[PDB]
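Section: structure with brexanolone.
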Amino acid sequence: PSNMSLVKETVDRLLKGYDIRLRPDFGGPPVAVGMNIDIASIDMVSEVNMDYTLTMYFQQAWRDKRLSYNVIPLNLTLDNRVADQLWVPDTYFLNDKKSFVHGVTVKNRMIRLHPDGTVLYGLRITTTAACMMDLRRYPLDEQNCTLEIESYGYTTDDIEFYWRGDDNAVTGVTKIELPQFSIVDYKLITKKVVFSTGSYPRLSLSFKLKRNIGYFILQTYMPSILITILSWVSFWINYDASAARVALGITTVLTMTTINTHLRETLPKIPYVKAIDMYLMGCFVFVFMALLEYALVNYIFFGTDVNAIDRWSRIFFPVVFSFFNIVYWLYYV
Amino acid sequence: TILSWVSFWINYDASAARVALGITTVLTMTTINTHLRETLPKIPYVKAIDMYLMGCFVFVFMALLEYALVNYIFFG
Amino acid sequence: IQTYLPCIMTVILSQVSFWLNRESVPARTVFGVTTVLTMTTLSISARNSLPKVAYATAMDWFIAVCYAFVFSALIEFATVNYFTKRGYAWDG
Ligand SMILES: *[C@@H]1O[C@H](CO)[C@@H](O[C@@H]2O[C@H](CO)[C@@H](O[C@@H]3O[C@H](CO[C@H]4O[C@H](CO)[C@@H](O)[C@H](O)[C@@H]4O)[C@@H](O)[C@H](O[C@H]4O[C@H](CO)[C@@H](O)[C@H](O)[C@@H]4O)[C@@H]3O)[C@H](O)[C@H]2NC(C)=O)[C@H](O)[C@H]1NC(C)=O
Ligand SMILES: *[C@@H]1O[C@H](CO)[C@@H](O[C@@H]2O[C@H](CO)[C@@H](O[C@@H]3O[C@H](CO[C@H]4O[C@H](CO)[C@@H](O)[C@H](O)[C@@H]4O)[C@@H](O)[C@H](O[C@H]4O[C@H](CO)[C@@H](O)[C@H](O)[C@@H]4O)[C@@H]3O)[C@H](O)[C@H]2NC(C)=O)[C@H](O)[C@H]1NC(C)=O
Ligand SMILES: *[C@@H]1O[C@H](CO)[C@@H](O[C@@H]2O[C@H](CO)[C@@H](O[C@@H]3O[C@H](CO[C@H]4O[C@H](CO)[C@@H](O)[C@H](O)[C@@H]4O)[C@@H](O)[C@H](O[C@H]4O[C@H](CO)[C@@H](O)[C@H](O)[C@@H]4O)[C@@H]3O)[C@H](O)[C@H]2NC(C)=O)[C@H](O)[C@H]1NC(C)=O
Ligand SMILES: CCCCCCCC/C=C/CCCCCCCC(=O)O[C@@H](COC(=O)CCCCCCCCCCCCCCC)COP(=O)([O-])OCC[N+](C)(C)C
Ligand SMILES: CC(=O)[C@H]1CC[C@H]2[C@@H]3CC[C@H]4C[C@H](O)CC[C@]4(C)[C@H]3CC[C@]12C
Ligand SMILES: CC(=O)[C@H]1CC[C@H]2[C@@H]3CC[C@H]4C[C@H](O)CC[C@]4(C)[C@H]3CC[C@]12C
Ligand SMILES: CCCCCCCCCCCC
Ligand SMILES: CCCCCCCCCCCC
Ligand SMILES: CCCCCCCCCCCC
Ligand SMILES: CCCCCCCCCCCC
Ligand SMILES: CCCCCCCCCCCC
Ligand SMILES: CCCCCCCCCCCC
Ligand SMILES: CCCCCCCCCCCC
Ligand SMILES: CCCCCCCCCCCC
Ligand SMILES: CCCCCCCCCCCC
Ligand SMILES: CCCCCCCC
Ligand SMILES: CCCCCCCC
Ligand SMILES: CCCCCCCC
């Protein structure tokens, strides 16, 4: 217990007459703050709310001469409640909508003093950050979601940011397993944003997310492809079977608009037309033209060659649809 | 289930009608059963409501098979 | 009792069409389209419980195969109707 008493005196001196209201080197050069993230997970990548949820171990490292000690040789990990008695950078995430520091069993923080004065300050944060998504090519789209770490009250004359370790500052990105997204790339930037109140340091952590299309074939494209193929059956029924062909016709048409309406409600009310809309609207024309094919057949007869319209349509419809798929898939893929 | 039986008073030579009626009724029972079960938790056993909807499904489905039996005996 | 039984019964429904006379074109056609549409909504409905995983689950393969049977039952009738040389059915 002799060393415990020695540590108590040292840790007591540091907080004695320690002005929490003043940053390191107050009235002097800016304090450089080093950050390194450990992405614990990415969840709830929602386009209805245009945001993603990010859980991370957010560490900040900075030098504070006031917290320099030399008697103890080891680095002191202190109870997290000491952080309330220490100056820490007032960093905030500009695009953060809703965030919290995990609370059980205690406040998920860390304070680790090093003899030279360095302070390692870690938090486990779950932040729902705003990511505005361009759904024009959805679901065959790549999204670029970012996190904008910035100092609120301290300008570049009072604080500086840097990725501690540079390109090796953020880890865990490879391990993150999103269900419907592949994290193709991530980048780290250091900016200087200017507001009316001054210029502030800015660290931007961008992930380029690529959407997995395998899910959407199961639920979106194949059901619309099969219904499109179903409507072609009417070309194989004799013209006089009006109830059969019309019932086949409207049912395919009505289901198709139902699928389109059903899907687009799950998404936000964006004005533009996505890629899924292009395919569903493109397949709506074939099924609708399939029904109009019978209406022309009925009109031409009741209003040999009637088979020809029914015979040529027997092949051109699967042909023109295939070329539509060639153009669509080649263009988007 | 009650309207399923009106198929029995329809003429035997009304395949387009009775089949449309029988198909319409049996599919509706599935939608009602599926729609009802959504409101409840993902509970892995048959409840009293389930044993009734399944019971009614059997009658309506049998009514559909009643005509299919009638059609086969006549033509087949 | 939420996916497999409806999937199994709609497959049975599509096979009721095989026991109807080939001349009942509207009746056998509504059998095919109704089951195919029913099979479609069941496939869409089934995925709603679980996340949007890219791969296909064991439920998906069962639904896919049941889709093949109901769809093949309608293609079967279209083949049968193709060789139906007369519109009027048996009488007496
Ligand atoms: C209190 O806390 C301090 C700070 O962490 C501890 O001291 C550091 O301990 C780390 C352990 O992770 C040591 O890290 C190693 O440093 C080696 C030398 O780095 C020098 O150069 C860098 C350049 O930026 C300086 O920042 C640094 O201060 C040193 O001057 C590196 O070579 C090591 O990386 C190597 O790892 C393996 C094995 O060597 C190789 O295979 C790799 O290829 C790579 O070359 C590693 O990074 C570091 O030496 C210590 N000083 C620091 C970080 O300043 C104290 O130990 C701790 N007190 C305790 C535990 O009582
Ligand atoms: C926004 O974010 C900030 C982050 O800074 C939050 O501010 C902190 O909130 C916590 C929680 O309220 C504050 O912690 C409080 O510290 C007080 C002072 O502690 C010193 O002084 C006492 C004697 O007065 C010493 O015993 C102690 O060792 C310290 O030296 C405590 O008195 C408070 O106690 C309260 O909570 C305890 C819990 O057990 C109760 O038992 C008490 O009766 C009392 O109610 C409390 O612990 C902290 O000081 C705040 N500032 C900082 C810089 O951390 C905000 O809460 C958050 N939200 C909002 C709306 O701003
Ligand atoms: C998601 O989308 C955002 C867009 O908002 C992307 O972020 C931008 O990325 C670009 C490119 O990485 C940034 O643009 C510039 O990158 C430079 C990297 O160095 C290259 O370019 C320089 C100059 O062209 C070459 O000399 C060098 O060899 C490299 O080829 C930075 O150095 C730039 O900063 C410098 O220039 C600017 C403009 O002149 C100055 O104002 C700065 O002071 C500095 O001197 C510049 O950053 C861009 O900054 C990023 N942020 C934006 C636009 O806000 C993400 O990359 C994207 N996501 C992914 C995963 O890519
Ligand atoms: C360029 C390449 C692009 C690629 C795309 C190209 C697409 C090409 C495909 C075009 C469609 C193929 C039909 C073309 C011929 C139509 C006319 C016809 O009836 O022909 C013949 C029958 O033909 C058959 O026997 C039917 C063959 C197709 C049915 C496939 C069944 C499998 C369904 C699986 C689907 C499952 C769903 C799929 C799941 C993913 C007989 O003709 P006829 O009427 O008796 O009259 C002619 C005789 N006369 C001259 C004496 C008058
Ligand atoms: C001559 C002929 O083949 C007939 C068969 C079916 C007919 C169409 C049905 C849908 C109609 C909607 C509106 O009433 C406007 C006219 C409209 C486009 C019609 C044009 C003439 C068609 C093609
Ligand atoms: C002989 C006869 O009248 C026919 C008319 C209707 C037929 C049933 C339709 C449903 C079928 C589903 C599966 O195909 C197994 C056989 C199955 C039960 C059939 C049994 C024989 C029946 C009763
Ligand atoms: C602004 C984009 C409008 C898209 C309209 C739908 C196009 C469908 C093409 C079908 C080709 C047969
Ligand atoms: C967005 C401006 C209107 C574009 C209309 C395009 C219509 C294309 C229809 C193709 C099928 C006939
Ligand atoms: C609006 C009706 C569309 C009819 C499509 C017929 C396509 C084949 C025509 C070939 C005539 C010999
Ligand atoms: C899709 C529009 C086609 C219009 C066909 C009109 C034909 C009128 C009678 C002359 C051809 C038999
Ligand atoms: C990358 C996924 C490719 C999906 C292609 C679907 C092809 C459907 C063609 C149907 C032609 C009858
Ligand atoms: C028979 C034609 C089927 C549609 C072709 C789909 C092409 C997909 C291309 C995938 C990227 C190379
Ligand atoms: C395990 C419970 C089985 C439920 C069976 C429902 C059908 C029984 C009633 C049939 C009436 C003809
Ligand atoms: C719901 C996605 C299922 C895809 C496979 C369906 C089977 C195609 C028709 C086969 C007829 C022989
Ligand atoms: C392409 C859409 C499905 C067509 C199924 C009908 C096939 C009938 C062929 C009969 C002549 C061999
Ligand atoms: C477990 C008993 C099931 C009986 C259902 C009636 C026959 C389809
Ligand atoms: C389920 C009905 C079986 C009896 C049919 C009549 C004998 C071919
Ligand atoms: C556990 C058995 C479920 C009932 C199977 C249905 C067969 C028609």
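Proteins get letters first, then strands, A, B, ... in listed order; numbering begins at 1 in each. Quick check of the header: electron microscopy, 2.5 Å. Excerpt of entry shown; contacts counted in excerpt. Counting starts at 1 for both ligands and their atoms, following the listed order.
Tracing brexanolone through the model gives ligands 5 and 6. Of all chains here, the one making more contacts with brexanolone (ligand 6) than any other appears in the PDB entry as Gamma-aminobutyric acid receptor subunit alpha-1. The letters of other chains with a heavy atom under 4.0 Å from brexanolone (ligand 6) are B, C.
Applying a heavy-atom cut-off of 4.0 Å to brexanolone (ligand 6) picks out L65(B), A68(B), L69(B), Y72(B), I12(C), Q15(C), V16(C), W19(C).
Protein heavy atom closest to atom 12 (C) of brexanolone (ligand 6), with residue, atom name and distance, is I12(C) CG2, 3.8 Å.
Closer than 4.0 Å to atom 1 (C) of brexanolone (ligand 6) lies at least one heavy atom of the protein.
The deposited model's entry lists chain B under the name Gamma-aminobutyric acid receptor subunit beta-2.
Close contacts between brexanolone (ligand 6) and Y72(B) involve ligand atoms 1 (C), 2 (C), 3 (O) [criterion: under 4.0 Å to a heavy atom]. In this structure, atom 11 (C) of brexanolone (ligand 6) lies nearest to the protein heavy atom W19(C) NE1, 4.2 Å.
The source organism of chain C, per the PDB record, is Mus musculus. For brexanolone (ligand 6) and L65(B), the ligand atoms under 4.0 Å from any heavy atom of the residue are 9 (C). Counting protein heavy atoms under 4.0 angstrom from atom 16 (C) of brexanolone (ligand 6) gives zero. In this structure, the protein non-hydrogen atom closest to atom 5 (C) of brexanolone (ligand 6) is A68(B) O, 3.3 Å. Under 4.0 Å from brexanolone (ligand 6) lie these other ligands or ions: ligand 17 (N-octane).
In this structure, atom 20 (C) of brexanolone (ligand 6) is not in close contact with the protein, since no protein heavy atom lies within 4.0 Å of it. At least one N or O atom of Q15(C), backbone or side chain, sits closer than 3.5 Å to an N or O atom of brexanolone (ligand 6). Protein heavy atoms are absent from the 4.0 Å sphere centred on atom 23 (C) of brexanolone (ligand 6).
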Between brexanolone (ligand 6) and the protein, which N/O pairs fall short of 3.5 Å?
from, atom 1, to, atom 2, distance (Å)
brexanolone (ligand 6), 14 (O), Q15(C), OE1, 3.2

